[PDB]
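A structure with calcitriol.
To find a chain, count down the sequence lines: A is the first, B the second, and so on, and within it residues start at 1. Scope of the values below: all heavy atoms of this structure, side chains included, with no hydrogens, waters or symmetry mates. In each ligand, atom 1 is the first atom listed, and ligand 1 is the first ligand listed.
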Amino acid sequence: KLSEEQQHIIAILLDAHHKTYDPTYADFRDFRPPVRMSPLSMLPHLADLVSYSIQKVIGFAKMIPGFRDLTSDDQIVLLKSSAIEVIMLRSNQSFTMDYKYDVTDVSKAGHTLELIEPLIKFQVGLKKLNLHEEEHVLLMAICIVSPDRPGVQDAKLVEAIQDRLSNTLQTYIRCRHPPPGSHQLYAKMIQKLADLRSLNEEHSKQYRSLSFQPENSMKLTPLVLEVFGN
Amino acid sequence: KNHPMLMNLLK
Ligand SMILES: C=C1/C(=C\C=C2/CCC[C@]3(C)[C@@H]([C@H](C)CCCC(C)(C)O)CC[C@@H]23)C[C@@H](O)C[C@@H]1O
């Protein structure tokens with residue numbers, strides 16, 4: 001029931017992901033180093049990791065079928081509002097139940113359990129879905145092309161692009177994901193997108209607080225300041 | 001605000 005166009009969409013998103021997610025971390029050596037022992041000793045390293053990852057999320061987004069047909073303005077609004085959520089999603093691939101990060105490390109970048117507890121709970125629940133890589137990359141793409149992001153102009157078009165991806169995901173689940181694993185799986189994936197909105201909001205609140213201090217803002221990168229705010 | 005870096009990466 002998966003059409004030729006749906007198979008094509010999935011192949012494009014798998015490759016896009018492979019081209020932008022290096023599971024060897026060969027690039028992490030170029031970040032400011034993690035420091036472990038208001039210290040914020042992990043802020044330089046994690047700011048560089050996040051800045052790097054925003055670059056990768058952008059590379060992935062550019063390859064989402066249809067994303068190129070949006071105006072540069074709408075592409076901007078969609079990336080700024082989704083970047084932290086796609087970083088959280090894509091990090092599920094390194095999450096497990098110098099470059100392994102624990103709760104203390106995130107604390108040492110200026111964040112609190114108000115963010116970190118729900119974030120770990122999200123990563124556990126996502127891991128339990130045991131998604132196929134096809135599903136994982138469709139979910140990141142659906143997250144990016146969300147018509148309800150504030151500031152979207154041509155929402156109809158964004159919606160149309162997202163529907164094509166949502167329909168692909170739903171058909172993929174029916175055709176390629178065997179029960180019991182597949183039971184309510186689409187609704188569960190959409191619930192994760194809802195969970196990400198709440199995480200986005202709490203991250204934004206803590207980010208505004210930590211970056212309000214110029215000494216911490218100094219430790220971020222130019223891209224992080226531009227995307228997450230300054 | 002402007003987003004010159006994001007604009008440049010989006011090509
Ligand atoms: C990034 C990636 C990775 C992990 C992500 C993590 C673990 C550490 C804490 C992070 C970085 C969370 C922090 C709340 C982000 C804080 C950023 C800032 C200090 C600017 O407010 C969000 C995602 C979390 C590793 C790899 O999966 C690539 C991925 O791409």
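For calcitriol (ligand 1), the chief contact partner in this model is given in the PDB entry as Vitamin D3 receptor. For calcitriol (ligand 1), the other chains with a heavy atom below 4.0 Å are labelled A. Under a 4.0 Å non-hydrogen cut-off, the residues that form the binding site of calcitriol (ligand 1) are A:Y21, A:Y25, A:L43, A:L49, A:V50, A:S53, A:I87, A:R90, A:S91, A:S94, A:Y101, A:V106, A:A109, A:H111, A:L115, A:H203, A:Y207. The nearest heavy-atom contact from the protein to atom 15 (C) of calcitriol (ligand 1) is A:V50 CG2, 4.1 Å. Of all UniProt domains in chain A, the one holding most residues touching calcitriol (ligand 1) is NR LBD. What sits closest to atom 12 (C) of calcitriol (ligand 1) on the protein, heavy atoms only, is A:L119 CD2, 4.2 Å. Near A:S91, meaning under 4.0 Å from any of its heavy atoms, are these atoms of calcitriol (ligand 1): 3 (C), 4 (C), 5 (C), 27 (O). UniProt's calcitriol-binding annotation for chain A and the heavy-atom shell under 4.0 Å around calcitriol (ligand 1) share A:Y21, A:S53, A:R90, A:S94, A:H111, A:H203. Shortest contact from atom 1 (C) of calcitriol (ligand 1) to any protein heavy atom: A:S53 OG, 3.4 Å.
What sits closest to atom 13 (C) of calcitriol (ligand 1) on the protein, heavy atoms only, is A:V106 CG1, 4.2 Å.
Close N/O approach between A:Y207 and calcitriol (ligand 1) is not found [any backbone or side-chain N/O within under 3.5 Å].
When only non-hydrogen protein atoms are considered, atom 16 (C) of calcitriol (ligand 1) lies nearest to A:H111 NE2, 3.6 Å. For calcitriol (ligand 1), the atoms closer than 4.0 angstrom to any heavy atom of A:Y25 are 25 (C), 26 (C), 27 (O). With hydrogens left out, the protein atom closest to atom 23 (C) of calcitriol (ligand 1) is A:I87 CG2, 3.9 Å, a heavy atom. For atom 10 (C) of calcitriol (ligand 1), no protein heavy-atom neighbour is found at a distance under 4.0 Å. The protein heavy-atom contact nearest to atom 14 (C) of calcitriol (ligand 1) is A:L115 CD2, 3.6 Å. Among the atoms of A:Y101, none of the N or O lies under 3.5 angstrom from an N or O of calcitriol (ligand 1).
The ligand atoms of calcitriol (ligand 1) that sit less than 4.0 angstrom from a heavy atom of A:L43 are 19 (C).
For calcitriol (ligand 1), the atoms sitting less than 4.0 Å from at least one non-hydrogen atom of A:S94 are 25 (C), 26 (C), 27 (O), numbered in the order shown with element in parentheses.
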